[PDB]
Structure formats: structure tokens, C-alpha cells
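The following structure: atropine with choline-binding protein F.
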Amino acid sequence: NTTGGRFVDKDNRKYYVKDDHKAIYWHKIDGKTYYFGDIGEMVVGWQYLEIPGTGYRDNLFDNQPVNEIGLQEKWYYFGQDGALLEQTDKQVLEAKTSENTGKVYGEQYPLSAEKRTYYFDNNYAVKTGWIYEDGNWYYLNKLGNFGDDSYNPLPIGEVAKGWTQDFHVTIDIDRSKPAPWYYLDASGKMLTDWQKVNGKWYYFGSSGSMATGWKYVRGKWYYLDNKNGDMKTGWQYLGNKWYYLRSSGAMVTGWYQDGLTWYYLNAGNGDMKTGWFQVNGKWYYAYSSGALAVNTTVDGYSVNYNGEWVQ
Ligand SMILES: CN1[C@@H]2CC[C@H]1C[C@@H](OC(=O)[C@H](CO)c1ccccc1)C2
Ligand SMILES: CN1[C@@H]2CC[C@H]1C[C@@H](OC(=O)[C@H](CO)c1ccccc1)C2
Ligand SMILES: C[N+](C)(C)CCO
Ligand SMILES: C[N+](C)(C)CCO
Ligand SMILES: C[N+](C)(C)CCO
Ligand SMILES: C[N+](C)(C)CCO
Ligand SMILES: C[N+](C)(C)CCO
Ligand SMILES: C[N+](C)(C)CCO
């Protein structure tokens, strides 16, 4: 909706001038959208800019006041003639790197030899977050990189690979909300169910989120590290009780013999018994270590070869 002006080439830069003033920021001119930055230099290619449409960075000229405003920034792609690529689905484009972004018309810069598929939201900005394609989920980075006083927005919108946390984000991470972990394979596909990664097992279920703590899967109980998620095996002291997990990871219930030593894991909960207890009417005694007392005396009580209290 910006008319009455004209594009002007000067000092190896391109401007749009009307009534003798330079256009700045976002402008819709003759069916196309352009962006002129803070001083009027038309941009081209990959750009990380404040979102258009509010009016605070729109239809402005360098002779007008520029309001202070807090607008999130997103990635946008402009043609070599400066027109905004109004894609709302996806498109194959030169990968964005530390050398082909933030450039303006007139500048010299290489055209990425590598091209990637980029997804877009309904407002022409590069899409971030989860996307479902051809039977699989992929995660497009919501955040860029940091590093003690430093922020690189380049990763935003790129296909995530490997271990990835899904933070709730707008302009900054939202620490109040949960941030589950996921694992994307070499091609970015989200893994589900059991998966062996770096030598350890993890359970991602059907949603993809990495489970932590006790987890019931296909009839058996498993215990994933409460913080890191890796599946535990063997004897585990959890919540002040002992549990025995098979090498497969499944929790054991009932009688279990380790070498010559018998142990009794509670029928339902699975916690190890100590002291006197009875199974199917018969009484047995387990020491504090959980080991069953056999062929000996326990406080004036005889227990035979099977640990049974012999009357
Ligand atoms: C990005 N460069 C181009 C536009 C600004 C800078 C420097 C050049 O532009 C200028 O030098 C401007 C043109 O009006 C200028 C300012 C003051 C004195 C002379 C020229 C090319
Ligand atoms: C390490 N355990 C976990 C993964 C394999 C074993 C047993 C359980 O997994 C399975 O039982 C199934 C059997 O098909 C399985 C899933 C994924 C890979 C291999 C086996 C939990
Ligand atoms: C998109 N999901 C299946 C991947 C993850 C939960 O939001
Ligand atoms: C699974 N991790 C990302 C969560 C933790 C350490 O490897
Ligand atoms: C999950 N349980 C049955 C295994 C243990 C108590 O938390
Ligand atoms: C069975 N008792 C007589 C042995 C022991 C207390 O429960
Ligand atoms: C782990 N314990 C309690 C089970 C057995 C003695 O080492
Ligand atoms: C299960 N036991 C302790 C009970 C008996 C030997 O098989």
C-alpha cells in the first residue's frame, strides 16, 4: 500500500523514494513486499527480522518517528530483486549460513552450493517446532545457539538431529513449562518406543518424549534414570527399597536366586522383602541383606533347606 514513490539505484544500493524521503523497514509495493532496514537499503536473500504487520515497522519513511517496540524476530527469504518470498508450505532454497544472510541489494555474496527444504508458516516466516511429513515427525529448531554473551539465530528452522529438548519458546526459553527430550535420527526422523543410543536403552513411547522413572511397557515394569533416562538393570535401591531388574531391564517379582542365595521380590510392587514373611501360607525369614535364611535357626526358629519354618 506504499505508492507515489519509486525505486532508486545509488552508491551500489537500492532505495525506494517518495516525496523525497527514503522508505525504511517493511513496505508492500505494487503486489510485492520489501524490507529496507533502518536507513533504506533494500535487503535480499536470507534475513532475520522483526515480524511485519503490526504497523510499528510498516509503511514507514526515514522522516517519520520509529516507535520503540518489542517484536520477535524470524527468518524470511527475499528474492534477488528484493521481493519477499510469500511461501506458506515449503520450498527448496540455498541453505542459510554465516555468509549469505543480512545482505543488501548491491553486495557481493556466494549462492550456497547446498540447498535444503525449508518449511514456512502461514505468515511467510520460516517455520519452527514439530512437523509431520511422509509418516514421520521432524523437529525444526525453535532456538539458535548461545555461549556466554552470544546468540547465533542461524540454527532456527533447521532440521534437528540427535538428542533434542523441546522448550516452550517465544522470544526466550520458558523455564516454567516442561521441556521433554526427544531423539531425531540421522535424517531427522523422531524415534519412538525402545531405542539403543550410545550403548544404553531409552524408551520414547508413542509420543516420542523420553521417559524417566518407573515405566510400565507391554506388561512389565522398567526403570529409566530419573534425570538422564537410560534404562537400569540389576539391583536398584529406589525410594528406600530394593528392586531387582533383569538384564532385559524388566522388574522381577516372586522368588529370585542369585548364585545360591534366594531373595523374594514383592508380588505386585516388586520391592524386596526382609524379616519374616509368608508365601502361600508358609513362613520364611530374610536377613536385612534380603538373603533367605536356610537350614539354620532364626531366633529359636528352625527353617529347613527351602527356608521354610519347620514346626
Ligand atoms: C552502505 N554504503 C552505501 C550507502 C551508505 C554507505 C556509503 C555510501 O553511501 C554514501 O556514502 C552516502 C550517499 O548519499 C553519502 C553520505 C554522506 C556524504 C556522501 C555520501 C554507499
Ligand atoms: C533392553 N530391553 C528393552 C529393549 C529390548 C529389551 C527388552 C525390551 O524390548 C523388547 O522386549 C522388544 C522385543 O522386540 C524390543 C524393542 C526394541 C528393540 C529390541 C527389542 C525392553
Ligand atoms: C509432535 N509430537 C508427537 C511429536 C510430540 C509431542 O508434541
Ligand atoms: C538423554 N540425555 C540427553 C538426556 C541426558 C544425558 O545423555
Ligand atoms: C512401580 N512400582 C510398582 C514398581 C514400584 C513402586 O514405585
Ligand atoms: C512365623 N512366626 C512364628 C515364626 C514368626 C513371626 O511371624
Ligand atoms: C543389593 N543387596 C541388598 C540386595 C544384596 C546384597 O548385596
Ligand atoms: C523358592 N525357594 C526358596 C523357596 C525354594 C527352593 O526352590
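For this chain, numbers begin at 1 and follow the sequence in order. Every number for a ligand or one of its atoms is a count from 1 in the order of the listing.
- Counting all copies, atropine can be found at ligands 1 and 2.
- Taking every non-hydrogen atom of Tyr15 and a distance limit under 4.0 Å, the qualifying atoms of atropine (ligand 1) come out as 4 (C).
- Looking only at heavy atoms of the protein, atom 13 (C) of atropine (ligand 1) is closest to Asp11 OD2, 2.8 Å.
- Atoms of atropine (ligand 1) found under 4.0 Å from any heavy atom of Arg13 (numbered from 1 in listed order, with element): 1 (C), 3 (C).
- Distance from atom 6 (C) of atropine (ligand 1) to its nearest protein heavy atom, with residue and atom name: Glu41 OE2, 4.7 Å.
- Counting protein heavy atoms under 4.0 angstrom from atom 4 (C) of atropine (ligand 1) gives one or more.
- Within the 4.0 angstrom cut-off, atom 15 (C) of atropine (ligand 1) has no protein heavy-atom neighbours.
- Entry annotation: chain A, source organism Streptococcus pneumoniae.
- When distances from atom 21 (C) of atropine (ligand 1) to the protein are checked, a heavy atom turns up under 4.0 Å.
- Within the 4.0 angstrom cut-off, atom 11 (O) of atropine (ligand 1) has no protein heavy-atom neighbours.
- Within 4.0 Å of atom 1 (C) of atropine (ligand 1), at least one protein heavy atom is present.
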